[PDB]
*Asks:* 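Please find one structure pasted underneath; my questions will follow.
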Amino acid sequence: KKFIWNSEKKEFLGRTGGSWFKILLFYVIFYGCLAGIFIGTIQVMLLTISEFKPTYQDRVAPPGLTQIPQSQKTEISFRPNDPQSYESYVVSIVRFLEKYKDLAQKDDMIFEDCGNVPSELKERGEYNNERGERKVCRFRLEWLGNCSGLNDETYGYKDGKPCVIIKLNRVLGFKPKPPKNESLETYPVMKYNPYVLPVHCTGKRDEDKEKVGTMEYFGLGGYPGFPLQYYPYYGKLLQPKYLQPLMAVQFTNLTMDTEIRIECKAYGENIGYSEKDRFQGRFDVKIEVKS
Amino acid sequence: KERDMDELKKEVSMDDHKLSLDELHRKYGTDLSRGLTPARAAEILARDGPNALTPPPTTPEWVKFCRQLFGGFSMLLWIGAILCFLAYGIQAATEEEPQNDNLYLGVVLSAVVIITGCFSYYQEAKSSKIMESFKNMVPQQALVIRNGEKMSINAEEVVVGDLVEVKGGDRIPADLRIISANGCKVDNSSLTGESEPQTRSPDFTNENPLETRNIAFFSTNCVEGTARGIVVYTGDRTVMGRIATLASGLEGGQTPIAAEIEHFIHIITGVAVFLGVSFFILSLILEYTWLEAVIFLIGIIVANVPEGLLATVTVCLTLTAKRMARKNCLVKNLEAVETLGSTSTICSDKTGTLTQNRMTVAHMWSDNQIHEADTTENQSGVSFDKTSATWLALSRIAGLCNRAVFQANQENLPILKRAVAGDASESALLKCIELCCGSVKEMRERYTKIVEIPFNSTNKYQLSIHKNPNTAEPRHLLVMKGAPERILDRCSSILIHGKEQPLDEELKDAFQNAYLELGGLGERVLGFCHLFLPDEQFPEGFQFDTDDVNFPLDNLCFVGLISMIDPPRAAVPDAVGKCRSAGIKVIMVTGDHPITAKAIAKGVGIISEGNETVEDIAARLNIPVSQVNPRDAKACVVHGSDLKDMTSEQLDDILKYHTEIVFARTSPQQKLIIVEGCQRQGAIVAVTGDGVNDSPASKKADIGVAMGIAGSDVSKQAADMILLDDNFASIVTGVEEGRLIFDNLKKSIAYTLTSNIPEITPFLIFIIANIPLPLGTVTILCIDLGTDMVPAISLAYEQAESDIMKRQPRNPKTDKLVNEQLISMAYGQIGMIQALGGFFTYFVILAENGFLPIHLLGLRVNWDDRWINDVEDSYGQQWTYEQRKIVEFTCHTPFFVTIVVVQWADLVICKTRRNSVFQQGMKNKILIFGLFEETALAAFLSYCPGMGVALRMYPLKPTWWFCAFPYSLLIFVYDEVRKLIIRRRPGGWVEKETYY
Amino acid sequence: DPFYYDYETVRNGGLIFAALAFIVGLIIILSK
Ligand SMILES: *[C@@H]1O[C@H](CO)[C@@H](O[C@@H]2O[C@H](CO)[C@@H](O)[C@H](O)[C@H]2NC(C)=O)[C@H](O)[C@H]1NC(C)=O
Ligand SMILES: *[C@@H]1O[C@H](CO)[C@@H](O[C@@H]2O[C@H](CO)[C@@H](O)[C@H](O)[C@H]2NC(C)=O)[C@H](O)[C@H]1NC(C)=O
Ligand SMILES: CC(C)CCC[C@@H](C)[C@H]1CC[C@H]2[C@@H]3CC=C4C[C@@H](O)CC[C@]4(C)[C@H]3CC[C@]12C
Ligand SMILES: CC(C)CCC[C@@H](C)[C@H]1CC[C@H]2[C@@H]3CC=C4C[C@@H](O)CC[C@]4(C)[C@H]3CC[C@]12C
Ligand SMILES: CC(C)CCC[C@@H](C)[C@H]1CC[C@H]2[C@@H]3CC=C4C[C@@H](O)CC[C@]4(C)[C@H]3CC[C@]12C
Ligand SMILES: C[C@]12CC/C(=N\OCCN)C[C@@H]1C(=O)C[C@@H]1[C@@H]2CC[C@]2(C)C(=O)CC[C@@H]12
Ligand SMILES: *[C@@H]1O[C@H](CO)[C@@H](O)[C@H](O)[C@H]1NC(C)=O
Ligand SMILES: [Mg+2]
Ligand SMILES: [Mg+2]
Ligand code: NA
């Protein structure tokens, strides 16, 4: 009963040739109309959104806190001697900072020299297209001392006492608000509380906090945070080649051959946290410089 | 070697009955008037086993429970669950932080099969739980003569070769060889099917042990008189014993509904493996390795298996089975409820099934006029004219001169169903006078009987003289009854409206053609007469001692004849008409005499009025039967005497060219062969019987239909459906509900098969376009095992779109449950719109949150990564892992809601296969609740506090509930115009390709 | 701020709808 393939009375795979053509033609027209309908409705959907602002922005309420060495498990395990052991790290750091070189930020028509001191926020009008392409404040690698250097094509970084810079999640129209001068026990920090978003790193328990001896922060003018003069963001369409602020963190006194956990928590009123997302506001890392 | 054992039972039985009295006693070593010594009796008792059929093969409850966990459909969910743990075995060992979705899925599939097994098992076991409440097996002791003395012992304590005596009313224990009888009439109804009480005489008569009268049979009752017999067969070796053992040892077959289940899976997996394999090849062509491609093969195939369809189908069958139980039409099998709808040939039994198996007064003769009496079991028919002197005289002759009365407890029972002691003929006469002529109690004691003359072995006449208490005439009233040929000789006067007339041939020949009318109708005719004795020649003190001529045998006044026969049940003829209207070929199968079988078939509808048999054509032309052409006779009678010498091909030819067939005098084994012959035609056969001869026919039949009270216990257990009310119209109700649930199952199947496309397409393009997951697993379970449960079940409550009792029976090889038309609509068109609607809501949510639909291409590579917490969207924003994963899960929840939205219209369109929604109408209240529950439950699964915590289903922004609205409306429009064109164009395009 | 969504109000309305539509469905199958 399963050899209905053909017969002398015309059937193929179950039906005739004229029937195969009728069915195939119908399905082509039907699915063609279905495709045209889905495309027309998806076009109306595209017409319900603008080019300068996402309609819903509540799912990114607390900005994240990422790092340069996008590790497979947020762990930094390498050998202070073997250059190939830490190649995966340095490669990502150089590729990340490749857009921050002095040669990359050379056009004066799209770049604006903000300043050597963190200042107040810079609002470039509204988010519409009435104004031209907004300017992006420059951020030279020199601001991150001891984690930038004037190295060649390969940024000879720190083998012993590594460097891990932190970055605030770029959010459109987001205005960072640092904590009030009434700081609720925020771990020794500079008095530049009004024009910089503070970020403080620490261990995770009584063990990690003891293994991590000394940490040195680097930023704009020497402040451990992000300057307010670089916010808010006006989208990729209006601000292409935008350079968000960076802040490096170096762990000088580490206990070699020991995996220790570090939590870099960014503080502020407009900075939320989440017990489910260990990256919202805070940031974790597992460093282990095994010799 | 049990094959040979079954072949020795399908053979017709043999005996050693035809032997001299001395030969039988020597072969058995038994005294004829004394039996045997009790020690000899106990010696055989502990030799071959007590006289009782071996209990049925007990069926332990764990066996049938594990039975419900297997089958054909549940087997598909089992291999699917195994593939889930197999896929999980490959996934766990190979990837990091594996997800608990596949393991969650494997255990859920296992739970689905288990719960379905428990629910279906509870229903099948409930049918048996009420069936065990019908075993009212009352122990019946037998009267055996041993050591020259009479003794009453249990039937099991009876052995072979000993004298056994039976009284009128006693049930024959084992098979006896009558040695001395005295007016003994036995009831061979429950065994061979002989309706009228067949008498038993010690003299050997026919070569067939069934027709001969020197044999008493197992499970047969002695109607009247007494008789003696030597036990020949005992226990299971008995006649009905070998029949019962044969029924238990016969195959049950494959139900038509189960065959549709098998053909259903043949396509479900055919496309599942086609999609899985073709996509497995595609995935390896792209970039996915063998490790991941194997999981893709399993995921695509496993998703294409409707998990919730097993439970919905089981409940869908259970609902119709519930209605069967409401009308006292129980089904021992949960799926046997469908078999009636697929039936195209019903093999019915005459005695007990079609007929009431009880002698009843059929017609009366008065004033040269036939008067039909009411013969309905419930007494709801036409009443004759009961206001004439001819009627009062005839009624008095019957009510008075008749050896029949009621019993003790027979006081509250109805006039017909109550018990009467005596001859079956005398019992019928009593039930008719007690119903149409007041009461026979006072009507009998009124005319005081002086001297009676019972029936005689020759010239069978029964007369008696009574006193006349009328306040006008003191003359004695003599009454007599007998065969018309035995009373015409003893009559000279004729009664008409009150006055007498001579035996003029102008009315006497008119009496002969009427006698030939009732006789030709297959009934038993009797003649009643009376006469006024001259009190001047026989004073009030003269005692008419029964010796010499005290009553004038001749010169009597004849009033009229009274015929009688077992009538068909009340709703039997109408039901036969409904089945033939439905296209079901009705075939009478019985062991009764052909003279009555042909007449009963004429009266129920198996034989149409006007059609002639092969014999009828010859008699109409006064020519031999061998000359007529059998093609000229649409109907034909088949005797068991000729069926024995037949081949399979000959029986096929009888069924092919004869539309109305009646099998008479067919042995129980021949009943089995007849059913096997109808099955060779490939048509679905249903057997409706009651006696033990119907056990081998009902068991092998696709569905056995037995009588709840008037049916023997053996054929009642071998059947698949029982009629506790014995209303044969339940067969018509069964065929109606069978075709009804079949088409409703098609609708429910297409509904669950439609949701499959939007359930798998997200995961398909997830592999192709490399976009984030459009729909999650847990969200799919909320559809197949949550919301859609109510619409699928509510689709069973759908009524008929047109008259189902007007269409012809479905061809098994043609009208399949699931064909390429249903799939062309569910998987091809309707489900396709549901899939695209889901993708619409998918792109809508992502684009409104900053992920343009064009930007989502190739994003799953970094999207599914857990540590890349800065993935650039379309506006330049950076999304963390949970920030974007929350969006993905809150994109699965509205996708699930999108499914419910398109399922609104999908439910309304699947509700009607051909009629418009305006024609059929939204009167299905369960379906209305199906929409309300499905919708409200869907909103609960998204807005309850903690859904995004347990089921990872986050709340929806209110604008998503309308992203899928036009898709449902479009589905409704396209399917509505489709069925509209099916209405105006019943030709081919919209009917052969889309209609299913 | 445009980065705050009133999820509690929308969620509240969703459950009230799930209550009304369900109890009304119950009234539907109870034609009395
Ligand atoms: C950056 O690294 C240089 C080393 O190349 C550090 O310079 C040393 O600073 C200490 C004081 O902390 C002096 O005692 C040493 O003599 C310096 N050595 C050299 C070679 O210059 C410098 O301190 C580091 N900068 C920061 C901010 O930590
Ligand atoms: C850097 O860390 C080292 C420990 O690795 C500190 O030196 C140790 O001090 C303890 C006493 O508290 C001694 O028992 C150890 O022998 C010391 N080890 C070494 C290698 O010197 C050191 O004080 C830390 N320095 C700074 C600037 O934090
Ligand atoms: C991931 C993408 C590329 C897969 C595309 C699959 C499309 C082209 C397939 C999926 C289901 C298919 C249909 C399945 C059902 C029918 C009816 C049958 O009697 C003839 C084939 C026909 C008419 C098919 C046409 C092609 C079809 C629509
Ligand atoms: C592009 C689409 C939306 C337009 C299609 C037109 C639809 C919506 C119109 C066209 C014909 C209309 C139907 C005409 C006939 C009937 C039967 C009548 O007893 C009630 C109204 C009813 C049920 C109408 C309902 C609305 C209807 C189906
Ligand atoms: C086709 C028609 C007749 C079906 C009628 C049901 C429609 C109108 C109902 C079914 C589900 C409903 C939604 C259920 C849930 C929500 C969330 C709530 O916080 C606001 C209302 C909102 C957004 C409802 C809008 C109206 C809605 C889409
Ligand atoms: C289980 C899964 C594949 C494995 C998986 N994650 O595998 C990566 C482990 N590191 C989760 C996927 C889902 O949740 C969705 C699953 C999919 C297999 C196929 C499934 C089960 C379907 O037909 C519908 C849901 C689909
Ligand atoms: C915060 O308070 C300190 C003294 O407690 C003061 O020196 C500093 O200027 C204050 N900063 C602001 C922004 O008020
Ligand atoms: Mg499904
Ligand atoms: Mg019977
Ligand atoms: Na059966």
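Note: chain IDs run A, B, ... matching the order in which the sequence lines appear. The residues of chain A that appear here are 13-303 by the PDB entry count, in order. Quick note: numbers on chain B are straight from the PDB entry, i.e. 21-1016, in order. Numbers in chain C track the PDB entry; the residues on display, in order, are 17-48. All ligand and atom numbering here is 1-based and tracks the order in the structure. Side-chain atoms are counted along with the backbone in the values below, which use heavy atoms only and exclude waters and symmetry mates.
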*Asks:* Could you check ligand 6 and tell me the drug name?
*Replies:* istaroxime
*Asks:* Per UniProt, what is the name of the chain that shares the largest number of close contacts with istaroxime?
*Replies:* Sodium/potassium-transporting ATPase subunit alpha-1
*Asks:* Which other chains are heavy-atom neighbours of istaroxime at a cut-off of 4.0 Å?
*Replies:* B
*Asks:* Check each UniProt transmembrane segment of chain B from the N terminus and list those with a heavy atom under 4.0 Å from istaroxime.
*Replies:* 2, 4, 6
